[PDB]
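Below is one structure; the comments refer to it alone.
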Number of protein chains: 2
Amino acid sequence: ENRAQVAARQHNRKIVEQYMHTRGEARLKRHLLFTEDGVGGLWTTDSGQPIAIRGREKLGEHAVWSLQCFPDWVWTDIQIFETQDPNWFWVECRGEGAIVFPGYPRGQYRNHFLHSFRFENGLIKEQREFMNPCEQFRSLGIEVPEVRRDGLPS
Amino acid sequence: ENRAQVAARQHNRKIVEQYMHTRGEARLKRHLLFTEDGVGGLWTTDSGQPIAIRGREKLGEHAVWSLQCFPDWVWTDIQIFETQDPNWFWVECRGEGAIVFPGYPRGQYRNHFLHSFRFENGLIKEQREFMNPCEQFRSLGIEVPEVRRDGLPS
Ligand SMILES: O=C(c1ccc(OCCN2CCCCC2)cc1)c1c(-c2ccc(O)cc2)sc2cc(O)ccc12
Ligand SMILES: O=C(c1ccc(OCCN2CCCCC2)cc1)c1c(-c2ccc(O)cc2)sc2cc(O)ccc12
């Protein structure tokens, strides 16, 4: 059992590293790192509900959209965390690039991210990214509300 | 080396468990889980800058404010992740409780959280919590902006 777990963790880490380093046109093939029913998405949005992209066909379509709306995106400062579950990794990183959203001015978007990767049979079954949406609001020119801090100790 | 790493990870895990289960008046003593120069705080805020509380004395003072502002806070759905670093843990969980911020109506706040715990010599050197601030805005009656999604594939 231990040999199987160690083997799974070392392979899975290679997939996480490949995912994090996928840039440019190679993003069009990143759905091949997922299971056929694999899910990937953004868990932190304005609405409070995740934007989850389900299955390889939809994952490949999102990649096409992502090459237009995040054309030069890169992950930086990547720190990969293995866990006690050989099939579950976390990654802390930053991301940055142009943001080209329909109906908004072209901007520059930078944020801090956490990613969760869960594996099944050597491929990603579930990828989730978590960030602070206020920074994406700022990149799009959307006003961010401010919590009033006068009564809070500082 | 392996003996020392295994011992560190087992002890540190117990501290993470104790931290996550601390509620009520026991919150007043939770700063004793930190190093004298330990830091804890919220890394995801409206301003984009962390709210970091530095040093055991200030951590103890924030606990007094925390018991006023979040009088019945509970962490739920706790999943603790050990990592390859025996001194670094991540936690995925939910949190809920009344929110009683100065000058806002009393609310009920629920959110999903990620926590990072870094240890030094048996105590927490750095705790950081990450969430979606839009859910805290909702709990305070603050309007959340909406990204227009008409041009995005759905
Ligand atoms: O910026 C995004 C977004 C960014 C990345 C996403 O997923 C990243 C993970 N990735 C998805 C498939 C490929 C591999 C994993 C999802 C939404 C937002 C949106 C989006 C983008 C494209 C699309 O077709 C539908 C909705 S909508 C939105 C609202 C917000 O408040 C914040 C971000 C957003
Ligand atoms: O909700 C918080 C907040 C909550 C928890 C925080 O820290 C958590 C860690 N802390 C130290 C270690 C032990 C546990 C408490 C910090 C800010 C926000 C604020 C706060 C609360 C109390 C205070 O005295 C000063 C500022 S201000 C603010 C603005 C936002 O956009 C979001 C949250 C907030």
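Order of sequence lines = order of chain letters (A, B, ...). Residue numbering for chain A follows the PDB entry; the residues present correspond to positions 12-165, in that order. What you see of chain B is 12-165, where the numbers are those given in the PDB entry. Just so you know, ligand 1 is whichever comes first in the structure, and atom 1 is the first atom listed for that ligand.
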Next item on the list: List the chief contact partner of ligand 1 in this entry, with the name from the PDB entry.
Entry: Phenazine biosynthesis protein A/B
Check: For ligand 1, what drug is listed?
Finding: raloxifene
Margin query: Just wondering, which other chains does a 4.0 Å heavy-atom cut-off pick up around raloxifene (ligand 1)?
Written below: A, B
Checklist line | Shortest reach to atom 32 (C) of raloxifene (ligand 1) by a heavy atom, considering only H42(A), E72(A), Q147(A) | finding: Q147(A)
Note to self: Measuring from non-hydrogen atoms of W54(A) to any atom of raloxifene (ligand 1), is the shortest distance under 4.0 Å?
What the structure shows: no
Next item on the list: Look only at interatomic distance and state if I64(A) has a nitrogen or oxygen under 3.5 Å from any nitrogen or oxygen of raloxifene (ligand 1).
Entry: no
Notebook entry, point to check: Heavy-atom contact under 4.0 Å between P164(B) and raloxifene (ligand 1)?
Noted result: yes
Margin query: Is the contact between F112(A) and raloxifene (ligand 1) made by the side chain, the backbone, both, or neither, using heavy atoms and a 4.0 Å cut-off?
Written below: side chain
Notebook entry, point to check: Which is closest to atom 17 (C) of raloxifene (ligand 1) in terms of heavy atoms, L151(A), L53(A), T33(A)?
Noted result: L53(A)
Notebook entry, point to check: Looking at raloxifene (ligand 1), does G52(A) have a heavy atom less than 4.0 Å from it?
Noted result: yes
Check: Nearest to atom 19 (C) of raloxifene (ligand 1) by heavy atom, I62(A), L70(A), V50(A), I135(A): which?
Finding: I62(A)
Next item on the list: Provide the residues lining raloxifene (ligand 1) within 4.0 Å, heavy atoms only.
Entry: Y30(A), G51(A), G52(A), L53(A), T56(A), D57(A), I62(A), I64(A), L70(A), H73(A), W76(A), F81(A), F112(A), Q138(A), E140(A), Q147(A), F148(A), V158(B), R160(B), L163(B), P164(B)
